[PDB]
Structures are given as C-alpha cells and as structure tokens.
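Bound state: Lactotransferrin + indometacin.
If you read the sequence from its start, that first residue is 1, and numbering goes on from there. Ligands are counted one by one from 1 in listed order, and the atoms in each one are counted from 1 as well. Any value given below was found using the heavy atoms of this structure, including those in side chains, with hydrogens, waters and symmetry copies removed. This deposition comes from X-ray crystallography, 2.2 Å.
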Amino acid sequence: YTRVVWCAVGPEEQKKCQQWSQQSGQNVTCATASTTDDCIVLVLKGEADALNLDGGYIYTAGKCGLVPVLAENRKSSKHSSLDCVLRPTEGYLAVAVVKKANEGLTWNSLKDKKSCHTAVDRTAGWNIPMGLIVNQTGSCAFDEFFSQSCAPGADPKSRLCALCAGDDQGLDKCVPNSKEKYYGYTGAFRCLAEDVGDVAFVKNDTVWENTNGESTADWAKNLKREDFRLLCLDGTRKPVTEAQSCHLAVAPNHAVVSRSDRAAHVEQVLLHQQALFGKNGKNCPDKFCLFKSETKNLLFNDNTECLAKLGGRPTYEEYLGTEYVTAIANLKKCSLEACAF
Ligand SMILES: *[C@@H]1O[C@H](CO)[C@@H](O[C@@H]2O[C@H](CO)[C@@H](O[C@@H]3O[C@H](CO)[C@@H](O[C@H]4O[C@H](CO)[C@@H](O[C@H]5O[C@H](CO)[C@@H](O[C@@H]6O[C@H](CO)[C@@H](O)[C@H](O)[C@@H]6O)[C@H](O)[C@@H]5O)[C@H](O)[C@@H]4O)[C@H](O)[C@@H]3O)[C@H](O)[C@H]2NC(C)=O)[C@H](O)[C@H]1NC(C)=O
Ligand SMILES: *[C@@H]1O[C@H](CO)[C@@H](O[C@@H]2O[C@H](CO)[C@@H](O[C@@H]3O[C@H](CO)[C@@H](O)[C@H](O)[C@@H]3O)[C@H](O)[C@H]2NC(C)=O)[C@H](O)[C@H]1NC(C)=O
Ligand SMILES: COc1ccc2c(c1)c(CC(=O)O)c(C)n2C(=O)c1ccc(Cl)cc1
Ligand SMILES: *[C@@H]1O[C@H](CO)[C@@H](O)[C@H](O)[C@H]1NC(C)=O
Ligand SMILES: [Fe+3]
Ligand SMILES: [Zn+2]
Ligand SMILES: [Zn+2]
C-alpha cells in the first residue's frame with residue numbers, strides 16, 4: 001500500500017533508480033521518461049509519484065498543480081545550531097563563468113560569443129541569464145544574441161544546439177537528459193572547459209566541485225580554479241572566490257515535487273529512505289548511497305547533505321519566491337493562465 005514510483009530522466013538515472021529500487025525492498029520502484037516535461041506528465045497521469053526538479057521546472061509543474069514536498073540542503077556554516085532535515089535551505093548562487101585566458105571578455109561584450117547552458121528553462125542555466133539579457137536588449141530575440149550555443153532542449157539545428165555533442169555514437173544531440181555530453185551543471189562547465197563555449201551559466205558550486213583534483217574525471221582532473229573568472233554585472237571580472245559579490249542571482253534549491261493528493265505519502269517514505277541511504281544512513285556508504293554517482297547529479301545533486309522539511313507548507317509560488325517568479329513570467333511572454341500540457 002505504502003510504495004512510491006520514482007520518475008527517472010534518461011537511461012543513466014534509470015540504472016541508478018533500479019539499484020535504489022532493489023536495495024529498498026520494492027519500497028520504491030521506477031518509471032523512466034526521456035525528458036523532465038515527460039516525467040511531469042507521468043506524474044499528473046498518476047503513473048509516477050515524484051521526482052527532484054530545478055526551480056525552473058517547479059514553475060512548470062506548479063501551474064499544472066504539483067507541489068514541493070522536501071528540498072535539497074547542502075553543507076552550511078551558519079544555522080549549525082540545528083539538524084539538517086529541520087534546517088533551513090539557502091539557495092545556490094547562479095554565476096557566469098569564463099577562462100582567465102580570454103581577456104577582454106566582460107558581461108558587456110557577450111554579444112556574438114559562444115555559450116554553454118545547463119538546459120533550456122532551468123534557473124542558473126537559462127531563466128536568469130536570458131532574462132537579464134532580454135531586459136538589457138529590450139528584445140525577445142534571445143536566439144540571435146549568441147553566435148552559437150549548447151542549450152539542451154532547443155531545436156536541433158538552430159544555433160542554440162550548434163555546440164551540443166550528443167551521446168558516444170553521436171546520437172541524441174541536445175536532448176535534455178544526461179546522454180547529451182554537455183547537459184546539466186557538469187556538462188555546461190565541461191563545455192567551457194574544453195573550450196567549446198566562451199562562457200558557461202552554471203552555479204557557484206559547480207566550479208569548485210570540478211577543479212583542483214576535486215573531480216577524478218579525464219576532462220577535469222587538470223583543471224585549476226585560478227584559470228577561471230566570474231563575470232559580474234558591473235562590467236568587472238573576479239576570482240571564483242568572490243561568488244558572494246559577483247553572481248547573477250540567488251536560486252531556490254532543487255526540490256522533490258508530487259501531486260498534492262500524494263504529497264504526504266511521498267514525504268513519509270522518503271524521510272525513511274534517507275534514513276537508510278542518506279549522508280549518514282544505516283546502509284551508506286556500505287550498500288547504497290542516494291546522494292552519489294560520479295559528479296553526475298543523477299536523481300539528486302551529489303553535494304546534497306539531506307532532504308529538508310519545508311517551512312510553513314509552501315505553495316510553489318511561495319517556495320520559488322516572488323522575485324524569481326516575476327523574472328520567469330517576463331521571460332515567457334517572449335516565447336499567464338494555462339498548463340503547458
Ligand atoms: C561556492 O561553492 C563552494 C563549493 O561548495 C563552497 O565552498 C564550500 O564551503 C563550505 C561551507 O562554507 C565548506 O564546508 C565544509 O564542509 C567540508 C566538506 O565539504 C569540510 O571540508 C573537508 O572535506 C572536503 C571534501 O572532501 C575537502 O575539500 C577540498 O576542497 C578545498 C579546495 O579544493 C580544500 O579544503 C580546505 O582547506 C583549507 C585550508 O586552509 C581549510 O581552511 C578548509 O577548512 C578546508 O579544509 C581541500 O584542499 C580539498 O581539496 C577538504 O579537504 C576537507 O577535508 C569542512 O569540515 C567544512 O565543514 C566546503 O568545504 C566548501 N567546499 C569545497 C569543496 O571547497 C563555497 O562556500 C561557495 N561560496 C559561496 C559564496 O557561496
Ligand atoms: C527584467 O525586467 C522585468 C521588468 O521590470 C523585471 O520585472 C520587474 O521587476 C521588479 C522586481 O521584482 C518588480 O517590482 C516588484 O514588484 C512588487 C509588486 O509589484 C513590489 O512590491 C516589489 O518591491 C518590486 O517593486 C516588477 O513587478 C517587475 N515588473 C513587471 C512589469 O512585472 C524582471 O524581474 C527582470 N528579469 C530579470 C531576470 O531580472
Ligand atoms: C515570507 O517569508 C520568506 C521566507 C524565505 C524566503 C522568502 C520569504 C523569499 C522571497 C519572496 O518570495 O518574496 C525568499 C527568496 N526566501 C528565501 O529565499 C529563503 C531561503 C532559505 C530559507 Cl531557510 C528561507 C527562505
Ligand atoms: C520498507 O517499508 C516498510 C514500511 O515501513 C518497512 O517496514 C521497511 O523497513 C522498509 N524497508 C526498507 C529497506 O526501506
Ligand atoms: Fe538548478
Ligand atoms: Zn545577490
Ligand atoms: Zn503560504
């Protein structure tokens with residue numbers, strides 16, 4: 001009676017779900033879809049129960065009447081008086097990153113350059129950057145601003161995927177799941193790292209997690225923090241040590257959403273699943289760890305300490321915040337009252 005069905009996006013998140021499933025006593029089983037939007041639809045239909053989402057998609061899902069249930073929490077200095085689950089989230093910092101070697105590249109000369117985005121409609125990788133740029137340009141022509149990009153989820157032979165690489169066998173070019181090589185936080189940063197783009201729109205954490213031997217991967221093991229700069233909105237450039245005074249915005253933590261008729265039931269099971277497989281669980285890191293996959297962020301971000309209860313029972317609008325939700329509306333009028341599905 002108590003069983004939850006997770007929705008996995010793409011073949012890699014599937015395999016990871018399958019393990020979680022088997023290690024759970026079929027307390028959690030799996031559904032798989034090729035895109036986040038398709039997983040949202042599975043959940044509305046009632047064939048899946050839940051998944052973890054970037055704030056940009058929480059805005060989609062919430063118009064269709066889905067609700068935040070538990071949020072991700074990463075390591076925190078302040079607020080250490082308290083327990084992670086009852087501990088307040090903070091929100092990550094969205095940044096624009098460049099090679100140090102590229103002098104002359106400022107927030108003011110981004111026109112006609114090459115760009116690396118997490119995916120279309122995501123907070124740090126899309127809504128923040130393109131919102132600012134529509135504003136400063138007064139045009140909805142965000143498809144003509146950069147010469148070429150990789151923006152997973154756009155038309156495959158527009159210039160917005162022009163830089164995307166697809167899977168081993170060259171298939172799936174710019175699909176929005178991890179088969180695409182430059183998908184998500186890690187892929188967008190790899191995109192700038194390998195000098196395919198001139199800038200990448202990721203979050204502060206991503207730079208740290210993938211420089212200075214912090215990530216054991218082939219493309220990144222020789223990357224070094226001092227080789228990068230952040231672009232600030234006042235036209236200057238700073239070390240990645242200054243993210244606190246040189247970001248584009250702060251962003252709501254990714255959160256697990258479900259259909260509201262299912263929210264209590266999902267919350268109940270997951271809090272128990274993190275007790276077995278979480279950051280200090282009975283069975284992690286012995287048998288299985290929910291918050292770990294090789295710097296991939298599969299199902300969850302790897303820097304997740306825990307899933308946190310929500311303060312005060314949010315609506316998705318309260319959780320996303322008033323500031324970020326007007327940002328999104330203003331952008332969507334470019335490309336008020338109806339589900340996308
Ligand atoms: C932008 O994002 C970054 C990435 O998250 C973030 O920095 C983190 O800051 C948090 C809290 O402010 C900090 O918290 C700690 O938890 C750590 C676990 O993550 C504990 O540290 C130990 O474990 C980690 C992981 O294995 C080791 O990580 C390394 O990275 C750095 C540099 O590569 C080095 O660590 C340090 O060495 C200095 C020496 O002076 C020392 O002062 C520090 O305390 C630390 O030890 C190290 O070379 C490693 O390669 C590390 O070795 C430790 O053994 C720790 O107990 C503490 O509670 C977290 O570590 C930071 N993340 C990382 C990976 O650097 C920024 O805060 C974000 N900035 C903004 C503005 O939001
Ligand atoms: C790009 O520009 C648009 C258009 O201005 C930005 O939206 C505007 O920004 C501010 C900040 O949220 C909004 O004003 C605020 O509204 C509430 C009540 O209206 C008020 O109490 C707040 O203190 C604040 O004044 C304003 O409503 C909004 N304007 C419109 C027409 O919606 C948008 O945020 C920008 N996009 C990005 C990513 O910056
Ligand atoms: C009405 O009470 C709150 C409480 C928290 C808030 C906001 C409003 C708004 C803004 C708004 O929508 O106007 C934001 C952005 N909040 C946060 O980001 C935040 C982050 C971490 C924690 Cl632990 C708590 C809150
Ligand atoms: C599965 O769920 C049942 C109900 O709580 C519980 O008895 C059991 O401990 C759970 N097993 C695991 C491994 O989650
Ligand atoms: Fe995000
Ligand atoms: Zn700020
Ligand atoms: Zn409320």
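- Counting all copies, indometacin can be found at ligand 3.
- Counting heavy atoms within 4.0 Å, the binding site of indometacin comprises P88, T89, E90, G321, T322.
- For atom 11 (C) of indometacin, the nearest protein heavy atom is under 4.0 Å away.
- Of the polar atoms of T322, at least one N or O is found under 3.5 Å from an N or O of indometacin, judged by distance alone.
- In summary, the atoms of indometacin found under 4.0 Å from a heavy atom of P88, numbered by their order in the structure, are 23 (Cl).
- Within the 4.0 angstrom cut-off, atom 24 (C) of indometacin has no protein heavy-atom neighbours.
- Protein heavy atoms are absent from the space less than 4.0 angstrom from atom 18 (O) of indometacin.
- The PDB lists the organism for chain A as Bos taurus.
- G321 CA, 5.0 Å is the protein heavy atom nearest to atom 15 (C) of indometacin.
- Chain A: most residues in contact with indometacin are in UniProt domain Transferrin-like 2.
- Residue-ligand proximity, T89 to indometacin, at heavy-atom distances under 4.0 Å covers atoms 21 (C), 22 (C), 23 (Cl).
- Among the ligands and ions shown, none besides indometacin lies under 4.0 Å from that drug.
- At least one protein heavy atom sits closer than 4.0 Å to atom 21 (C) of indometacin.
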Considering only N or O atoms, set out every pair between indometacin and the protein closer than 3.5 Å, with distances to one decimal place.
unit_1, atom_1, unit_2, atom_2, d
indometacin, 12 (O), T322, N, 2.5
indometacin, 12 (O), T322, OG1, 3.1
indometacin, 13 (O), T322, OG1, 2.6

